[PDB]
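Opening notes on bortezomib (bound form) bound to Proteasome subunit beta.
The chains referred to below are lettered A, B, ... by the order of the sequence lines, with proteins before strands, and numbering in each begins at 1. In listed order, ligands and their atoms are each counted from 1. Looking at the header, which is where the method is noted, we find electron microscopy, 3.2 Å. Partial entry shown, contacts counted within.
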Amino acid sequence: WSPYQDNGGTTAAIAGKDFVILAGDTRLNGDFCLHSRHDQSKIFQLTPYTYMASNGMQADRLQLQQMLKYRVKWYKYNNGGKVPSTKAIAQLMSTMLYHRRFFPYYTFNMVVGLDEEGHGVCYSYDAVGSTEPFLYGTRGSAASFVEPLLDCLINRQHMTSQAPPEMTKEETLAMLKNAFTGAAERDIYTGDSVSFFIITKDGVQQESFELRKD
Amino acid sequence: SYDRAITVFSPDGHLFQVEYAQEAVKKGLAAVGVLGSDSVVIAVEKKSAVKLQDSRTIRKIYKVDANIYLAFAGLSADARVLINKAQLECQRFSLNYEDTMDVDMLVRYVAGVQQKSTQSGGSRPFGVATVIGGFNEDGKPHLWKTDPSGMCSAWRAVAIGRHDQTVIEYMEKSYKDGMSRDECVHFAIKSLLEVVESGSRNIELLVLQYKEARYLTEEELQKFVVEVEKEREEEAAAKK
Amino acid sequence: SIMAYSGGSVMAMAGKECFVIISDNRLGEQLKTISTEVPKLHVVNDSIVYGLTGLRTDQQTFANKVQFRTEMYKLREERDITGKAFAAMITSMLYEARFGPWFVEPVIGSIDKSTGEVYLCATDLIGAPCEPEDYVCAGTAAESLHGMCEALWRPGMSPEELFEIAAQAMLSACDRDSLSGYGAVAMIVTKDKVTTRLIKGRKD
Amino acid sequence: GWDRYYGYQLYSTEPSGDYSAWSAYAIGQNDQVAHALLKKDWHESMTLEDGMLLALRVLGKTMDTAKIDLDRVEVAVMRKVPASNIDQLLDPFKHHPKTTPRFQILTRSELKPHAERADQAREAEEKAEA
Amino acid sequence: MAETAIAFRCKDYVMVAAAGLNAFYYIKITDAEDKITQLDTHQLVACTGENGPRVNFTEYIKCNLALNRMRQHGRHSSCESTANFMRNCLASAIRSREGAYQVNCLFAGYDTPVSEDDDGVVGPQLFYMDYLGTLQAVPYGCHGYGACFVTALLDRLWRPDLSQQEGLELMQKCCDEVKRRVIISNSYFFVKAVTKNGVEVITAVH
Amino acid sequence: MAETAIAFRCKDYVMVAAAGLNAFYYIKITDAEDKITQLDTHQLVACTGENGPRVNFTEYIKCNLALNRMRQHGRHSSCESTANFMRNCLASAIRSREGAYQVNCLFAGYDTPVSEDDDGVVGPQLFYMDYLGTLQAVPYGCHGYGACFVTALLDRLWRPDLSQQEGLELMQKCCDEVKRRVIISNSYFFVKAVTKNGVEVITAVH
Amino acid sequence: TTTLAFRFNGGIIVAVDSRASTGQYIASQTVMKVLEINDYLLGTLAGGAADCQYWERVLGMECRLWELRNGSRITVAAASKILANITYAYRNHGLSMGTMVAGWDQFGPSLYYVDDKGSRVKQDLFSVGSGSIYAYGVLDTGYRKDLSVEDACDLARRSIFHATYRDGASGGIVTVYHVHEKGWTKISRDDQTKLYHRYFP
Amino acid sequence: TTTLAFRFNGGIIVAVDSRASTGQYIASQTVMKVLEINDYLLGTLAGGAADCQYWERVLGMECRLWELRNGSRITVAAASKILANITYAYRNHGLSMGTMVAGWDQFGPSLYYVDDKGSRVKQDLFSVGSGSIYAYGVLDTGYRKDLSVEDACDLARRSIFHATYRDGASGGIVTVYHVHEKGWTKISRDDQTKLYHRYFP
Ligand SMILES: Cc1nc(C)c(C(=O)Nc2ccc(F)c(-c3nc4ncc(-c5ncccc5C)cn4n3)c2)o1
Ligand SMILES: Cc1nc(C)c(C(=O)Nc2ccc(F)c(-c3nc4ncc(-c5ncccc5C)cn4n3)c2)o1
Ligand SMILES: *[B]([O])([O])[C]([C][C]([C])[C])[N]C(=O)[C]([C]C1=[C][C]=[C][C]=[C]1)[N]C(=O)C1=[C]N=[C][C]=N1
Ligand SMILES: *[B]([O])([O])[C]([C][C]([C])[C])[N]C(=O)[C]([C]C1=[C][C]=[C][C]=[C]1)[N]C(=O)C1=[C]N=[C][C]=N1
């Protein structure tokens, strides 16, 4: 018996000027079977402006989502109802991944939220909490498909051409569908349906999208 | 274990076990220290010339650090336990920080131990008051004073022990700021023989300089007492 | 192995009204000589002399705990420790640390001052008591000493002729062992006197 | 006891944690009396036979007894004897000192030559009283 | 073991020498790092090993000798009392949680009479030690890779009646042999000496 | 790997340098052993490795170049034909009974026109090799522990138009860096050079 | 990682890359490998990414608590001894971190170096990381104590570059700092690919 | 086993011990560490006792068959190359032997050394075995090329002795040979215990 197990799936996020698009496919799978196709336990809401979006092991995912859930509640009780920012949550994430360094979580995390200025910033983590603010991020089994793809079309590097204007919410969303329709073709542990979260200052809207079932 | 609350409050907001620990210091031997420009002197009472005491001369002012020395007043058994906590703290400091300990750091530790015994179960306060003097790594002479309540404060001329207020109100109207070395030893003698009897074998004075500490012997102390004894005759002649 | 790290062999024989004890002079680290003038014997009183072999770090640490316990025995009980009480004392010390065991093998020789009975004892590293009436031996050359001591011993020996057998048994066994040698230091002891002799050996 | 740091030492111990070094001291009944009698005659360059005769003579003063009795007096001396248990052969690189200190307690055969010198010294200061 | 320590005692001095090399698996960090820690005014120790346990063992030994001089009114303890305090820290660490100190050291000192009643040792002291807790008083001791080159050199040339200059040119032969056969580049050797007037840092032999 | 080989080619010469250290696990056997084998009058190879396979590989290569000059009437083959014959012996030995050669080598040479119909290479040749059978023509190649110290040194200072003296003082900087950072004592470096007049043993840089 | 730093007549210059690779995959390219401890200290990063960012944030907490209690700045001889006692305490716990501290205390400059095993050394010239062996040969050739401020910034920026060019675990954006008596200033911040067409046009 | 041989102005002096130990038990004390190959060559033995005595008996057969076919003596450069090609052929077969060949051919002397892995080196000064590291430091201190015949016999007998005194795997009876132009002569054969009361009376 081994107490670690990879449950597939991928999560990707692209942050804009006053928004973040956050996505993650709904597909749970085990040893060689397919457990489910409708797991919503991959992206978790902490505050109305900051989400966490983790994947890897499904059992240690649900435990990390709850300990993150109540450290926000002790923050809210001890500060007079003040909701924590993205920078406060993502440093809370970076410490708790190191407090369990010798029996760690088999999760790979992304804290996704808005700034105090309103701009969206995504963070990424290893298994022990190496953080960095960055404009996008892709974790999971299909990370090596999508993270070079997001390098080629967001940074606009190695292309002798002038810069396009700033990406809207719609042109970011239609871009991010081209990655999950690309990861459903070439990765066997990825893709039944991907759920898009659009975090704006006037609440969050939620969409769904269909991928290949095989 | 036994941890019943001993140091409690009075119906007038006083701590009885602290006010009664200060009374044990007011019967202790008087110790006077003044602050100069390049030197620190501290003089203690050194109970008597017992003639039965050992010919090996016993120091009253104890060494705590290389540059920080300490003199106390109160119960001599409580003060020995207090200093072996402070002598253990200097070797905790230069094992975790690779530095010589400042004078203001050691006094905040000893005052932290005095206050910690005033808020424990089964513990009475320490019945000692200390005068701590020493230099930093950059010169800067210092002189400190802790009470049994645990309050640290740095002074320009300090006196503890029996007749606490008697010396301090005397040497706040005769203190000259920025003395030399020979003026400090002369000023510590004339403040200490105000309280102790006129004997010459019951003063133990010490001069602190930078990386050089010199205890005064028998015959060197005879030179400074006579210069004080001839001047206090002039001070009485100035009154009449 | 850890037991043959430092080198050194200690043995003892029993005579009529006397016993001998003899160690070598070598200290080492598995092939190389660290010192050439180091005995392994220890004397606690005028009746008991014991020798330690094994790991030299444990040869000094255990002998400090023995001297801590032998001198505390003389303060509590107003008397010198006897041979049967000393051998049963450090038998118990090697059994308390049975899972973290000391790497010593004490070779105890003792005698009664008033009666004249010799008492030999050689425990293992885990404290196994064993009292032969003829001889005891421990160390790296211990397998060579059971041949030398058993083919040369007889029960009725004088103190002068028991030394001659124990000395030729130590040296002939250390000429076949490459972790023991460099002379030998012996100690014959009767009811009346203690004589300590240093013996010529090969400097190889 | 003797150490190599300051030689022969003598200490008191109070039931409060306080101690003090001394050259002569008294604890028990009439310790305030026996301090003054030791203060009247103690000098630096004093031998052990002059110190043991000082020790027995002040002991008879407090319990007001001429002809000091040996059944009611216990003595013990702390001096250095020549070292006998030196074993240079099993310790080749260890140095042994020449003389070692030995705490001992005198018997009745050892204290009778010293108790008959303290009453005579009391008798020597008795013929010159009037 | 890559760095050697060489020490020999004579009639009125103890020479020590320790190569000041510090490396990172093949990369020379330093060439002049002092590895002979001055414990007391008449005592020093030449520890070898990696730089992790070597500082943390010597600072624990040095601050406890100084603490035992604070609590004992500035009375300097003997060299055997310091050496037996050292191997107590080696022997209690091989049976502990944190593990054994990987330090090999040579203790050196000179015994002076602290008072007129002291009739102890007058001569010099030199103690071989180990990482396990072995302690041995020895005429000369050596650690490192080049130890076996120079221990048999001191079998040939060491004499108990060597002078300050004759033992100074012996240590120069001790340093030139390690430069000749050992593949590890030991170029600067930090020669110090303990005499009746304290320690002294010899500039000539390097 | 304990011994370094440094080689760089320029407009009309190829410098080589190989430390002449031979050791037995920490004991310096030699300090002057020639490790740059003169294969032909215009070709040489600077092999590194232990002394077992290093002689037996170079003697097999050298005696077969000489045999191919016996059977072909003294006609000297090109430097690429020798280098491709060498890596055939490395690559066929990693899949054999006796095992792989543990030799790392730098081939060097100068191409001269053997007749009037030869219109091949005129310039110098320098080939990096490996123990597996990797072959790469390179502007400068380095082996050993100190290779990474000096390959980034030649990233800084090497120029294609260096002269005989300017590349001679560059190789002196190459030898002084290995003495400065590598713990392995490389003191004598055997600098040779291949020019249009054959090989030459440079005495100055050591 | 190819962090280096050296000490000269005029202060201390710290120079890093910005690349974090988890083997043969490059995780990131904008990693800050200098955690400024406060406005007069610096700390560097090599080895494990989480082991460095945790304990130099612990080190930045013990330096701030020093100034609150004692009212004065912490020295660098006390700052590394905090980091070395932490590191030696966890030497059997498999940590991987190699960090330099650099700062201007009241005794001038000092450039220390702490292992993951409790070592602390005091020199004027270091280069740490997997590609540091490339950064020594170009730095030891051109180092001298009395360099100017501009030439030592040029020697540091050029010595990072020749190791980023050769090591697979090094590269990105070369960041050069300068520790003078008033604190530290970020000198330059430039890409390694842009820096290739300056040094070899 | 401690075994050395050196080259000087006057020939080659070979000096050995005579001890064979199986770990901590000493098997024998009269082992001839020098196998004379013929009346102008020598060969020493170190490492495995059977691996040396076999292949230096094979080497003594290939040197005798050389003289039968070619009518002349074999050189030392051909004699070691026979032993080195044998040794390199069995480098994966776990052999343990380290041997020096020494002799006077028509080109003066030459002193070689063959591993168990196929190496062959040409120097003037060797010391092989487990206790060789003790025999270097007393020999490198007192070696020079123009020693006399008696002093170089004294330096070899004294350098073996300080290795037998310190190493547990070396000892016995120090055997000193001398290779001059007419062949070899057994100089001395003396016990190590008798040799202690000569050098330290
Ligand atoms: C004074 C001094 N002189 C030198 C030469 C040094 C030094 O090098 N000290 C040092 C200490 C601890 C470390 F942990 C490291 C260190 N740095 C690294 N950088 C990158 C990778 C790595 N990265 C990606 C993939 C794979 C690997 C192996 C690994 N390490 N390990 C370096 O110190
Ligand atoms: C040019 C040169 N420089 C040096 C320093 C050498 C050298 O040392 N070459 C060498 C080669 C092959 C060997 F096999 C040996 C060799 N000698 C030995 N003697 C004794 C024991 C032994 N004995 C008893 C018990 C246990 C052991 C391990 C083992 N060995 N192994 C030595 O060559
Ligand atoms: B430098 O290259 O060492 C750099 C270190 C810096 C960010 C503190 N990063 C890395 O290369 C390390 C390599 C490594 C060393 C030791 C163990 C494991 C990895 N990479 C990371 O730590 C890493 C891995 N994945 C994500 C983020 N960081
Ligand atoms: B000397 O110690 O190297 C000696 C030289 C030999 C020519 C007599 N060798 C031995 O003593 C070896 C030691 C050894 C080395 C390597 C592997 C195993 C053993 N011993 C023997 O070969 C041996 C075994 N049994 C009897 C006699 N000799």
Problem set entry | All copies of bortezomib (bound form) | ligands 3 and 4
Exercise. Which other chains get a heavy atom nearer than 4.0 Å to bortezomib (bound form, ligand 3)?
Worked result: A, G
For this session: Give the name the PDB entry assigns to chain A.
Result: Proteasome subunit beta
Exercise. Per the deposited model, what residue and atom form a covalent bond to bortezomib (bound form, ligand 3)?
Worked result: G/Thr1 OG1
For this session: Look up the source organism of chain G in the entry and report it.
Result: Leishmania donovani
Exercise. Which nucleotides or residues of neighbouring chains are within 4.0 Å of bortezomib (bound form, ligand 3) (non-hydrogen atoms)?
Worked result: A/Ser130, G/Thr1, G/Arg19, G/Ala20, G/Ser21, G/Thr22, G/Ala27, G/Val31, G/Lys33, G/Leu45, G/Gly47, G/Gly48, G/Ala49, G/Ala169
